[PDB]
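Pictured: Transporter, co-complexed with fluvoxamine.
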Amino acid sequence: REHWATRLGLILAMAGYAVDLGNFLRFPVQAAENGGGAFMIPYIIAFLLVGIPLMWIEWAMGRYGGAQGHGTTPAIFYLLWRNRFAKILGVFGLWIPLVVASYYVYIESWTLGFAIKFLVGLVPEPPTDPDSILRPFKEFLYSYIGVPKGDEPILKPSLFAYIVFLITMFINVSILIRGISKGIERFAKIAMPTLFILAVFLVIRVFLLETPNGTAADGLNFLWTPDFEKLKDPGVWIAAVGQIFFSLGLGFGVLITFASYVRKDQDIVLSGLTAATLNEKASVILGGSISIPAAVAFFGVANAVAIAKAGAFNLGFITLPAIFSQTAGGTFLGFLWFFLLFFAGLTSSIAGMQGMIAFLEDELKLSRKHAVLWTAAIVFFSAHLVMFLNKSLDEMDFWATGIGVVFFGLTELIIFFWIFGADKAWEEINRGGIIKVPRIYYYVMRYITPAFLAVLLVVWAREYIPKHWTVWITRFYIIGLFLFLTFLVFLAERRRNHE
Ligand SMILES: COCCCC/C(=N/OCCN)c1ccc(C(F)(F)F)cc1
Ligand code: NA
Ligand code: NA
């Protein structure tokens, strides 16, 4: 079985996964909409009562399974719980990242394409007024994606956008086919520094942004000025818990696959706590210092609420590009921004697609080449649904991330900490650990963490269970994916009986 070479690279790859577009875009929006600086109160608590405990568990399950030559949840759940229902629930952790990858890699290709178009100067040039600046870029994005003009739910992406997607896939395969250490870990040692440099530079250039409408100081002002009156809203505490899941990448079975390449007695306590902190630092220090400030600096603090309500996607694919076409040398700033984003996603997309690569290796005994080429084949095929069918992207995100963070994460708790046994579990986490997990966390892992995860589920349940016909096309496919994966798991246990 393959293994991580260095402890540094391990943390960088785990952080590589955790840090992506959400750190720079999603997180700053959630904070401003939910109390600003006051949002740091429930966010840190959730980091301590949910994020950190659950992180350690996925690291534990991974290493525990990796020592037995299994990196995925269909096998691992069957090791924590000798049952048929454990193998089925395990498929979900093979299904979730595979669904995300069907849309995630494609959006990752957008950043790359934009980065290319921005670098060569193939971008709109306005013209005055805010809608006169945004519209040439709103339309720039819509022509790349192929946003439907008529009533049809049909997208028509550009040939270029399609070609960049093919290139993005090829890049992923390039890194992935070289393996854990010589591919992912090697690239994680190059990307993360390159990422940090790009962030710092953008942070610096943004703080220098001065327009007649405002400054960057007004941006960091609006974003971080605490509104404690919003702490009364349960929805703020719900968003915070949800944000931590999203921030750390919990409930997608990605960590579990990675940790399974960590050796039997190597530390997972301190190593995890490090990679987790790197992401949080990247979010609060770098991510919340670029997007929102630059948005407020150009449009003023008067539109700061409107900007945050416009969503994270508009902020990063329309708003910020439009601001860049108005600043000195902003076309290169557009390129550094989209190249910052491209790497952030790429370090995540190679991480997520590994689970399916691991399965084909560990359970179906496929070579690494075949495992990558078929995984690439599957994600490439399924992506055509995202590329051509309008709102298919949303349906996949809803089901994958929805079930992923709200169902499957809780399942990891119960199986490992309630079915497999809390004491046996606790030893598996602390074993070989440089530092030991605080004795208080035993109660947080066993009660507090699943109690929260139950509530996040239920509130999510009570709102989304009640909440067009073409959505069935996407549902039809992703269900077909689950059946397909059940079948592979089925074939996996039948090959093992023969040998
Ligand atoms: C809402 O956008 C999708 C996020 C799902 C979780 C995500 N975490 O990555 C870094 C944490 N912020 C993720 C999961 C799977 C994949 C992959 F596409 F690689 F499977 C990529 C990102
Ligand atoms: Na993150
Ligand atoms: Na990443």
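Per the PDB entry, chain A residues shown: 5-131, 135-474, 480-511, in order. Recorded method is X-ray crystallography, 2.9 Å. Just follow the structure's listing: the first ligand is 1, and inside any ligand the first atom is 1.
- Counting repeats, the structure shows fluvoxamine at ligand 1.
- Scanning out to just under 4.0 Å from fluvoxamine turns up other ligands and ions: ligand 2 (sodium ion).
- The shell of residues around fluvoxamine (heavy atoms under 4.0 Å) is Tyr21, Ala22, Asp24, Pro101, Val104, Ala105, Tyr107, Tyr108, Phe253, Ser254, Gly256, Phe259, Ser355, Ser356, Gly359, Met360, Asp404.
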